[PDB]
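Since the structure comes first, as structure tokens, the remarks are kept for the end.
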Amino acid sequence: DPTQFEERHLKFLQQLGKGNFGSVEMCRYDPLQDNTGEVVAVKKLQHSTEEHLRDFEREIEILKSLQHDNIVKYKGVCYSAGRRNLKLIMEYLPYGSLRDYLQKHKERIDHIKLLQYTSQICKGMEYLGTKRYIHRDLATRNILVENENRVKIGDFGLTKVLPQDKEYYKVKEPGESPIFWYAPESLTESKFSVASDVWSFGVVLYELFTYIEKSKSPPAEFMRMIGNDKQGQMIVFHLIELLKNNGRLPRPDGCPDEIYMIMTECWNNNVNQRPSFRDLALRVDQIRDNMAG
Ligand SMILES: N#CCC1(n2cc(-c3ncnc4[nH]ccc34)cn2)CN(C2CCN(C(=O)c3ccnc(C(F)(F)F)c3F)CC2)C1
């Protein structure tokens, strides 16, 4: 519906997050021009191309197909530039990315909250798996915080739909790749699956429990292990060699052994032995529930 969010009633409020190929802004949709309206988040491309706008169309269809408490809410599209461009309209979640929230609001985060966020992320990912969607970019930078009690997967720009007959998607046009969240078979064979999302979730869980101490981020920790001197493809070569022979991110300071064990099971080089997101949500909620109270 091109009349749902008309570009002339979509008012700027704040820049929220930008990268090489996309940007998100806070806007107010005020159809009555009475200084009221709901606040929304607006994603738009950067350095657009025909190929990227086609992908963005796929991204929009993917998000529109998703309705879940732990998936950011799709609201519509703005066909801006006189209906010669595309912008994606989403609900606005006010505490930003989980990566920033962990750093900025340590005062209101304890292990209980971390497990609750863990559970919620797994449940959102269970849901994606029922659509045969592979996220491919799971990281705390792409999780959003609605409030102290709820997080949602917040971006789907790299998400792919599995082929009808395969359980993996083989990417044949790799661009910007978050290699320090990648499963080994994604690095070596460009294969992405629910199981490689589980690998990446293992890194998310690590992130949560490092509390995003800059020296403990996965890129920083892997580069320390690889050698900070290394540059270029040599980094990838050493990362692959490291992972294939059981090199792993360390247990974070203060992390319970049981949570670290979940991490290490997600980081299984044997794809089929990785737990499912349903296993993980149940396991985490049972940890939470087995506590006193
Ligand atoms: N989550 C999360 C983190 C982000 N963010 C989301 C809010 C927010 N805040 C409050 N409420 C909200 N409601 C809905 C969103 C939202 C703030 N920051 C940063 N991310 C954007 C810029 C950087 N990005 C690329 O450069 C990029 C790289 C490769 N491919 C693509 C493409 F186009 F194909 F998709 C790209 F866009 C990725 C997209 C989303």
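Here, residue 1 is the first one in the sequence, and each next residue gets the next number. Indexing begins at 1, ligand by ligand and atom by atom, following the structure's order.
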Item to check | Drug identity at ligand 1 | outcome: itacitinib
Next on the checklist: Just wondering - which macromolecule does itacitinib (ligand 1) hug the most here, in the naming of the PDB entry?
Outcome noted: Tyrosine-protein kinase JAK2
Next on the checklist: So for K43, does at least one of its heavy atoms come nearer than 4.0 angstrom to any atom of itacitinib (ligand 1)?
Outcome noted: yes
Item to check | Geometric N/O contact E59 with itacitinib (ligand 1), under 3.5 angstrom | outcome: no
Checklist entry - If you count the atoms of itacitinib (ligand 1) from 1 in the order shown, which ones are under 4.0 Å from a heavy atom of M90? => result 14 (C), 15 (C)
Next on the checklist: Can you check which of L144, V72, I143 brings a heavy atom nearest to atom 15 (C) of itacitinib (ligand 1)?
Outcome noted: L144
Checklist entry - Is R141 touching itacitinib (ligand 1) with its side chain, its backbone, both, or neither, if touching means heavy atoms under 4.0 Å apart? => result backbone
Checklist entry - Does itacitinib (ligand 1) have a heavy atom under 4.0 Å from the side chain of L45, from its backbone, from both, or from neither? => result side chain
Item to check | Organism, chain A, PDB record | outcome: Homo sapiens
Next on the checklist: As a check for students: among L16, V24, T140, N142, identify the option with a heavy atom nearest to atom 5 (N) of itacitinib (ligand 1).
Outcome noted: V24
Next on the checklist: So if I count the atoms of itacitinib (ligand 1) from 1 in the order they appear, which ones are less than 4.0 Å from some heavy atom of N20?
Outcome noted: 26 (O)
Next on the checklist: Evaluate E91 for polar contact with itacitinib (ligand 1), using N/O atom pairs at a separation under 3.5 Å.
Outcome noted: yes
Checklist entry - In this structure, which residues build the binding site of itacitinib (ligand 1) when a heavy-atom cut-off of 4.0 Å is applied? => result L16, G17, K18, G19, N20, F21, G22, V24, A41, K43, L45, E59, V72, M90, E91, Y92, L93, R141, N142, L144, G154, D155, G157
